[PDB]
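Structure note - pleconaril present.
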Amino acid sequence: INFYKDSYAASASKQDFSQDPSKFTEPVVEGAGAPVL
Amino acid sequence: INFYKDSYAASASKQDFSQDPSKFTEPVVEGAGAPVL
Amino acid sequence: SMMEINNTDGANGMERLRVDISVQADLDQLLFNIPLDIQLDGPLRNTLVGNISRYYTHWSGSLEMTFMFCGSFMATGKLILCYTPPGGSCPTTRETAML
Amino acid sequence: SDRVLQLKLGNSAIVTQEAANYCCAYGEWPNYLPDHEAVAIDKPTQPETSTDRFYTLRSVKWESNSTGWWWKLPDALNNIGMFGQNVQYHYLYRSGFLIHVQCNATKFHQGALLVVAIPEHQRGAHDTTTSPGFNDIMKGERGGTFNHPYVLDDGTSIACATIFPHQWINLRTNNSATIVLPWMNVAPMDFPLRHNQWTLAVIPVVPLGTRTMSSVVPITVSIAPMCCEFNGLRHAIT
Amino acid sequence: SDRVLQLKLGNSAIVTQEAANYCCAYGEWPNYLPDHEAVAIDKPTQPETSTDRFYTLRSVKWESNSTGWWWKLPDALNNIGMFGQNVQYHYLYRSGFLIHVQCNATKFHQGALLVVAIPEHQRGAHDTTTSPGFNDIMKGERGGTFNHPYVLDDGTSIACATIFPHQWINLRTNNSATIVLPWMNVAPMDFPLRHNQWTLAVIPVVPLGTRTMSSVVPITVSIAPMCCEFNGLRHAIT
Amino acid sequence: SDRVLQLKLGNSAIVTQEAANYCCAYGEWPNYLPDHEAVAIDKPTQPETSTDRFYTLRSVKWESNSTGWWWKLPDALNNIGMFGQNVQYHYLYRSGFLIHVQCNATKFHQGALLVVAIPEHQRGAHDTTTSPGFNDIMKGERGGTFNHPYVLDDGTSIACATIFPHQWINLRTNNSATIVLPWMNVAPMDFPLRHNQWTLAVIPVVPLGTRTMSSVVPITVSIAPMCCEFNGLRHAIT
Amino acid sequence: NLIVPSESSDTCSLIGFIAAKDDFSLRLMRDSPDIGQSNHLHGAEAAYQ
Amino acid sequence: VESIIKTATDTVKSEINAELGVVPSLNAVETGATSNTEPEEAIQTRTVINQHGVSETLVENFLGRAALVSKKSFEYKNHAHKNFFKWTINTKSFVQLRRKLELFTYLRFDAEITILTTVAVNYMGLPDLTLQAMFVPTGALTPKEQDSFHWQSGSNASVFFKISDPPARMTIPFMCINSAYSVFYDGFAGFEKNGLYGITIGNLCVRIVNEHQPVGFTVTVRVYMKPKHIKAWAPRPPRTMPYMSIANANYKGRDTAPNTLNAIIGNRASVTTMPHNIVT
Amino acid sequence: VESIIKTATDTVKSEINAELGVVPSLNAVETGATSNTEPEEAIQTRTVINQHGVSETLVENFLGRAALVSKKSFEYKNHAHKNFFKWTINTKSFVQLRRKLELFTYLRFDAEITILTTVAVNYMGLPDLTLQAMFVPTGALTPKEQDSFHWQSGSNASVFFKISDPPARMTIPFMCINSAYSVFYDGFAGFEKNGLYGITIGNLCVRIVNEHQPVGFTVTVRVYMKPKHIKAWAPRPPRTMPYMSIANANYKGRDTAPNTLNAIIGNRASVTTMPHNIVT
Ligand SMILES: Cc1cc(CCCOc2c(C)cc(-c3noc(C(F)(F)F)n3)cc2C)on1
Ligand SMILES: Cc1cc(CCCOc2c(C)cc(-c3noc(C(F)(F)F)n3)cc2C)on1
């Protein structure tokens with residue numbers, strides 16, 4: 001875990017598996033195979 | 001924690017968060033926005 | 001604690017700790033300004049807040065300046081103390097400082 | 001129905017009948033600074049309608065050999081209307097931006113403009129070790145132009161610029177681009193005169209072309225600050 | 001305990017240790033324009049702290065033969081700070097005012113100033129049929145002086161001026177006067193550049209006198225607009 | 001009502017009609033030594049009224065070029081009244097102190113004295129490596145004066161001396177200062193002849209000035225030991 | 001203006017003080033630039049004698 | 001929108017398609033959105049339970065590697081860099097680390113620092129010297145000499161290590177005055193116009209505490225940095241032109257492709273020429 | 001009065017004020033109390049939930065740093081300081097530590113001692129010598145020679161360490177005969193008048209246990225102290241004049257500002273002169 005008193009001294013944090021690609025791939029307001037226009 | 005038998009050998013004590021500034025900032029006997037005089 | 005506002009040549013010892021103001025002949029007169037340098041030597045450096053802060057690198061929070069008038073009881077007057085957030089040159093007229 | 005759009009802020013409004021939906025940078029939307037994120041303790045001024053409105057800058061002419069244009073925010077607006085006034089009178093500012101780039105031509109014209117909002121676009125100088133100067137960076141309303149759009153004038157590449165919030169204006173498809181930018185910074189507020197959060201870049205990846213009657217094809221930029229807040233009031237740094 | 005007072009608006013504050021209570025014109029207090037009294041339909045801008053704060057004008061010297069001074073609102077402030085900016089960029093404005101006139105001397109000095117806020121103080125010219133001109137009326141920050149204070153420069157009388165919101169600065173008693181003025185007009189809003197709601201007049205009914213060391217005795221005016229609202233945004237009429 | 005004050009201890013009393021509230025060093029108050037903090041096992045003598053009373057030292061004259069004065073406790077009192085007797089006959093002592101510095105002038109006089117109680121004020125000599133001698137330190141009732149008040153004669157600074165229990169005597173405001181000092185030491189008791197817990201320093205940060213009739217303006221110090229206890233009785237070290 | 005009668009000094013002094021409020025915070029400790037040493041202090045070496 | 005992804009998405013079997021008004025393969029690049037055509041809609045797919053993990057591309061891991069940030073060699077001898085050096089900390093001197101950091105606009109992370117030391121004679125053997133690395137924050141006084149008072153390090157953090165010990169190591173917390181480090185700064189450092197455009201941590205001062213020996217040695221100190229507890233924002237176009245300065249993004253490009261200002265990708269005979277075409 | 005503070009206090013939104021008899025911005029310095037004007041009373045504020053921690057300014061941390069308290073170098077050779085030295089312990093020799101300790105009147109703390117050793121030839125290689133640091137309390141006999149009986153250390157505490165090992169380290173308990181150490185002492189050491197004014201722990205005796213080699217070496221011992229389990233009382237005005245002696249607070253001041261007895265702060269042209277004024 002961590003034997004130091006300061007939490008920032010701890011080892012790496014490799015458990016953040018959440019993600020939201022859409023903020024980069026689909027930043028459009030109006031959200032299938034229908035014409036995008 | 002501490003593996004030595006004498007307690008003074010222990011690591012630092014960084015948890016004393018209490019304080020009373022007033023003993024230095026307001027050492028006056030008689031305690032808002034009212035005239036201090 | 002006391003700011004050494006009168007850090008000028010000719011002012012020795014405690015003379016440097018007090019700012020002398022006199023009866024003016026003109027209006028809206030500028031009396032003095034205070035460099036807010038805590039890192040660079042200045043009126044605020046040798047103060048409790050200044051000295052201790054210099055043992056650190058980052059600071060955050062409000063400061064407070066208190067001025068005590070030490071003239072005679074029969075002496076009267078009104079002064080205006082202005083704090084100007086950074087951005088430009090130090091104001092030299094009351095019309096500007098007042099903002 | 002996503003080719004038609006009307007934007008209304010304050011006393012200003014814009015419509016377009018040939019839009020391409022519209023982009024919300026990083027899927028965010030502008031908002032005022034919440035108490036739990038605030039730093040400056042003085043009560044801020046929120047002008048609303050006098051600052052949160054569309055400001056239209058001078059147009060530029062799209063030419064056959066154009067390399068592209070750019071405008072830095074908030075510099076481009078630091079001297080326009082009440083937004084500019086607040087900026088000059090306050091040490092700190094904060095705001096989002098609604099960007100609308102417009103360019104129309106003919107069904108016989110072709111051309112494609114990449115319209116991208118680059119956060120912290122730190123420019124680089126070409127073939128020299130000397131860093132860009134103040135005048136190289138602060139152009140104000142006029143904005144500047146790209147010397148080497150191929151690498152976004154910063155040694156990277158326009159090819160990957162799409163990683164940033166953007167849209168395109170492809171003449172056969174649409175005549176305008178709309179990008180909503182939220183506050184983008186590592187601090188809740190900033191000093192408007194020495195730092196630009198966003199840079200609006202309009203680059204012609206596909207040059208303007210046609211065989212019909214030749215006419216001046218302008219590109220116009222309209223920008224509307226959003227949720228403006230100002231702190232640290234003092235005199236104006238005109 | 002009514003001889004001591006602190007006024008705080010926006011980033012400005014004033015204290016006085018020799019006040020005489022304070023006047024609320026007609027017992028009213030400034031307030032924003034309610035929906036049931038509104039006329040202009042555009043959403044107004046309420047700057048708050050950037051405009052509702054104390055602005056200190058240049059002082060005047062109280063002399064043995066002084067006749068009195070006056071400042072018209074909002075003219076006196078139409079070119080000061082963010083208040084002035086909003087006024088120049090908007091067709092319509094509305095606001096109350098917190099007036100604080102200050103003048104100190106010695107316990108060996110005597111003198112009495114009538115400090116009165118006159119609504120619609122329409123000046124008159126002396127010994128001529130020609131109406132006062134623009135420059136006779138619009139003095140800005142500098143303000144003007146009375147030619148015949150005895151009749152308030154309008155053919156009436158200073159003797160009955162007490163019918164208007166006022167206070168006095170009687171040197172042996174106090175060193176400041178404070179008057180809170182609400183919006184005073186027949187319309188919910190007005191055009192700030194061609195009409196003055198209030199006129200601040202400071203007239204020495206009892207001349208300044210003393211037998212002690214002679215020194216310059218200034219009179220200073222600090223005015224803070226209150227509950228400012230602006231409508232009809234456009235370019236600035238600088 | 002905090003400008004008026006009466007102090008009464010034993011057969012002595014002092015009143016002041018121009019006080020500035022009063023200081024309780026570090027917010028503490030004098031008290032007798034509790035059993036759980038005691039070290040010396042002999043039953044102590046608690047004289048009360050014969051020692052816990054006001055002792056007034058010889059006055060000093062505040063001059064235009066004065067640098068300041070100081071008195072070390074308990075040295076200043078080690079030879080006065082019954083307090084001095086107990087001190088001379090006992091090896092160990094313990095007590096708090098009620099300090100009252102007084103100085104009045106005219107409403108035409110100006111001057112400001114910093115009245116500070118410095119714990120363990122270890123003096124330093126000027127421009128030499130030799131430590132201060134016995135006579136440089138032990139002045140008794142007469143007390144000493146500052147050579148370089150600017151640095152509190154110890155290489156630090158009077159500017160930050162306010163970190164210590166203190167008050168000021170600003171002639172236009174008050175004519176006396178009152179400081180209540182509790183026992184201050186790392187030991188429950190001490191030998192009174194070779195160690196001073198507190199040092200009373202009165203320094204004129206703002207020199208005495210006036211343009212009226214010149215007269216001698218004295219500064220007087222009255223000190224009252226509190227909760228005195230003495231242990232280790234033997235003969236007197238006169 | 002500063003106004004005083006004939007018998008008062010016509011030049012007065014102000015003393016300015018400064019302090020931090022309780023919303024203050026300091027970070028990243030470093031050595032103060034306010035103190036230095038060029039040689040041994042007197043007696044420092046005699047501690048070894 | 002947001003969700004936990006631990007493995008690559010699976011594929012679902014898809015059937016034949018002939019629907020009017022439905023054209024999944026058609027898109028509009030102008031919207032700024034990336035094509036949302038799924039493989040299942042472009043061709044007929046089978047079902048695939050994809051178990052490929054996505055751990056190695058976690059930002060924490062992508063940036064979580066110790067990289068060289070500083071390298072300095074000096075002469076350890078009698079100087080009658082005098083047995084110590086002062087380094088104004090920056091992360092723009094070595095291209096490998098620099099380029100990765102510059103793939104992001106903002107970065108918040110704690111920094112693990114590792115210091116590696118080596119020595120060489122100018123042969124009678126290698127001395128096991130003791131060194132002191134002192135972190136002198138902005139505004140603090142930097143050592144003027146190998147033995148100046150500054151080294152007593154009363155408040156500054158110092159680390160003493162021997163050449164025979166494993167590399168020294170400690171963690172520097174995320175120390176920006178902001179919520180994150182600005183990998184890029186489109187602004188100026190001061191209130192005046194003459195200020196520096198773009199881009200202060202402080203100075204790392206390293207000295208050999210041992211007095212000089214009768215002979216000279218060359219000592220080299222390598223400092224490595226490994227970010228951890230990482231949070232990143234706004235990805236950016238990768239650097240292509242060679243770097244020129246640590247103070248800016250100035251560019252010039254290679255003399256010949258690839259990566260010349262004129263052409264990033266090397267040339268091929270024509271757009272119909274297949275470079276490594278299989279000649280069976 | 002007393003309370004637990006873990007973060008900087010928050011700010012509450014404040015409104016317009018115009019109350020008679022209420023003047024929060026007015027104060028009376030003469031009372032000895034510091035201005036109690038709150039920001040909310042001086043100007044109009046907004047609400048701010050302040051999450052700034054206050055840990056780094058805890059006294060335990062402010063003083064909790066290992067600082068150099070002693071440095072001694074001597075000749076290790078055949079003396080036909082003879083291969084050992086005796087140091088009368090004190091914490092007034094090095095200004096960085098001294099000044100911080102002197103920010104308080106009284107201090108109670110246990111002391112962590114770390115001993116760092118380095119050697120240099122007067123080149124055939126550096127010897128991995130063994131040293132012995134012996135704590136000789138007040139009143140005990142100090143070693144007369146490198147090999148005198150005193151070193152058998154039957155009761156004194158001694159620590160033997162090699163130059164190749166990590167610095168030696170142990171904790172010295174708070175050992176005053178009082179409840180706290182007196183950082184300052186306004187008194188004399190003896191019952192007679194000829195006594196010493198101001199300001200005994202004992203002697204730290206360090207020797208090289210190895211017999212001398214055929215050649216000479218210079219050995220330097222640096223001792224560091226880190227207070228812990230700290231309690232402090234009565235803060236004091238910081239030192240401004242350079243230190244002169246370890247035995248007193250004597251002062252002289254620099255030759256020219258800053259920190260000259262005549263002027264602590266450097267001069268500026270006048271009280272209306274802004275030193276680093278922004279010239280836009
Ligand atoms: C932008 C940006 C800024 C940073 C921070 C880099 C911090 O790294 C430094 C710091 C602060 C300290 C040391 C350091 N080396 O040694 C020590 C010790 F002495 F404190 F241990 N500190 C080394 C580097 C490279 O990362 N990106
Ligand atoms: C005043 C004041 C007094 C102090 C106590 C300082 C104690 O430090 C000493 C002591 C007592 C022991 C050693 C010491 N070094 O080595 C050993 C060992 F041999 F016992 F391990 N003890 C070193 C110093 C500086 O702190 N402030």
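Proteins get letters first, then strands, A, B, ... in listed order; numbering begins at 1 in each. Displayed portion only: the contact tally does not extend beyond what is shown. So how was this one determined? The header says X-ray crystallography, 2.3 Å. Values below: all heavy atoms of this structure, side chains included; hydrogens, waters and symmetry mates excluded. Indexing begins at 1, ligand by ligand and atom by atom, following the structure's order.
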Help me with this one: what macromolecule has the most contacts with pleconaril (ligand 1), named as in the PDB entry? VP1
At a cut-off of 4.0 Å, which other chains have heavy atoms near pleconaril (ligand 1)? H
By chain and residue number, what forms the binding site of pleconaril (ligand 1) with heavy atoms closer than 4.0 Å? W87(H), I89(H), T91(H), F109(H), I113(H), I115(H), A133(H), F135(H), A157(H), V159(H), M170(H), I172(H), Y181(H), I201(H), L204(H)
Against heavy atoms of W87(H), which atoms of pleconaril (ligand 1) measure under 4.0 Å? 25 (C)
Tell me which protein heavy atom sits closest to atom 9 (C) of pleconaril (ligand 1), plus the residue, atom name and distance to 0.1 Å. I89(H) CG2, 3.6 Å
In pleconaril (ligand 1), which numbered atoms sit nearer than 4.0 Å to a non-hydrogen atom of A133(H)? 19 (F)
Looking only at protein heavy atoms, which one is nearest to atom 5 (C) of pleconaril (ligand 1), and what is the separation? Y181(H) OH, 3.9 Å
For atom 13 (C) of pleconaril (ligand 1), what is the closest protein heavy atom, and at what distance to 0.1 Å? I113(H) CG1, 4.1 Å
State the atoms of pleconaril (ligand 1), each with its element, that fall below the 4.0 Å cut-off from a heavy-atom position in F135(H). 11 (C), 19 (F), 20 (F), 22 (N)
Numbering the atoms of pleconaril (ligand 1) from 1, which are under 4.0 Å from a heavy atom of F109(H)? 26 (O), 27 (N)
Where is the nearest protein heavy atom to atom 16 (O) of pleconaril (ligand 1): which residue, which atom, and how far? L204(H) CD1, 3.4 Å
Any atoms of pleconaril (ligand 1) less than 4.0 Å from a non-hydrogen atom of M170(H)? List them with their elements. 21 (F)
Do me a favour and list the nearest non-hydrogen protein atom to atom 6 (C) of pleconaril (ligand 1) with residue, atom name and distance? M225(H) SD, 4.1 Å
Of all the atoms in pleconaril (ligand 1), which lie at a distance below 4.0 Å from a heavy atom belonging to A157(H)? 19 (F), 20 (F)
Specify the organism recorded in the entry for chain H. Enterovirus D68
What protein heavy atom sits nearest atom 11 (C) of pleconaril (ligand 1), and how far off is it? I201(H) CG2, 3.4 Å
